[PDB]
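So, a structure with ciprofloxacin in it.
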Amino acid sequence: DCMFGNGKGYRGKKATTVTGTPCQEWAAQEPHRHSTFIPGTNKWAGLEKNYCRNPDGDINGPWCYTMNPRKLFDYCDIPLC
Ligand SMILES: O=C(O)c1cn(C2CC2)c2cc(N3CCNCC3)c(F)cc2c1=O
C-alpha cells in the first residue's frame with residue numbers, strides 16, 4: 001500500500017526499515033527498552049505487531065524500533081499515495 005501525506009494514518013503491513021533491517025514489535029521491550037509508544041496505553045495509533053507506524057506525525061514518515069541492538073529506530077520506505 002501507499003501512505004497519505006506524512007503517513008500517520010498508514011495501517012499497512014510493512015515490517016522492515018529503509019535498509020531492510022527487521023522491525024521490533026511495539027509491545028516488546030527487547031532489544032530496545034522504551035517507556036513511550038507502547039500499545040498498552042496508546043490505543044489509537046495502530047501500534048500492532050511489528051508494523052511501520054507514525055505515532056508522532058514525523059514529516060519523514062512511518063518508522064519502527066529496529067532489531068539492531070545498537071540502533072534505536074529508523075524510517076521505513078513506503079511510497080506516497
Ligand atoms: O523515552 C523514550 O523511550 C523515547 C523517547 N523519544 C522522544 C525523543 C524523546 C523517542 C523518539 C523517537 N523518535 C521517533 C521518530 N520521530 C522522532 C522521535 C523514537 F524513535 C523513540 C523514542 C523513545 O523511545
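Residues take their numbers from the sequence shown, with the count starting at 1. In each ligand, atom 1 is the first atom listed, and ligand 1 is the first ligand listed. Hydrogens, waters and symmetry mates are skipped; everything else that's a heavy atom, side chains included, is used.
In this structure, the main binding partner of ciprofloxacin (ligand 1), as named in UniProt, is Apolipoprotein(a).
Protein heavy atoms come within 4.0 Å of atom 14 (C) of ciprofloxacin (ligand 1).
Most of the residues of chain A within contact distance of ciprofloxacin (ligand 1) belong to the UniProt domain Kringle 16.
Counting protein heavy atoms only, atom 1 (O) of ciprofloxacin (ligand 1) is closest to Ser35 OG, 3.7 Å. Scanning the protein for heavy atoms near atom 24 (O) of ciprofloxacin (ligand 1), the closest one is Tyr65 OH, 3.0 Å.
Closest heavy-atom approach to atom 2 (C) of ciprofloxacin (ligand 1) among the candidates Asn54, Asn60, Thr36, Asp58: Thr36.
Proximity to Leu72 (heavy-atom distance under 4.0 Å) selects the following atoms of ciprofloxacin (ligand 1): 21 (C). When the heavy atoms of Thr66, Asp74, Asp56 are ranked by distance to atom 17 (C) of ciprofloxacin (ligand 1), first place goes to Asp56. In terms of protein heavy-atom proximity, atom 12 (C) of ciprofloxacin (ligand 1) is nearest to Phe37 CE1, 4.3 Å. At a distance under 4.0 Å, a protein heavy atom can be found next to atom 5 (C) of ciprofloxacin (ligand 1). Each of the atoms 15 (C), 20 (F) of ciprofloxacin (ligand 1) lies under 4.0 Å from some heavy atom of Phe73. Going by the entry, the organism behind chain A is Homo sapiens. The contact residues of ciprofloxacin (ligand 1), taking heavy atoms under 4.0 Å, are given as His34, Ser35, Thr36, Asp56, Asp58, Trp63, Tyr65, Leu72, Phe73.
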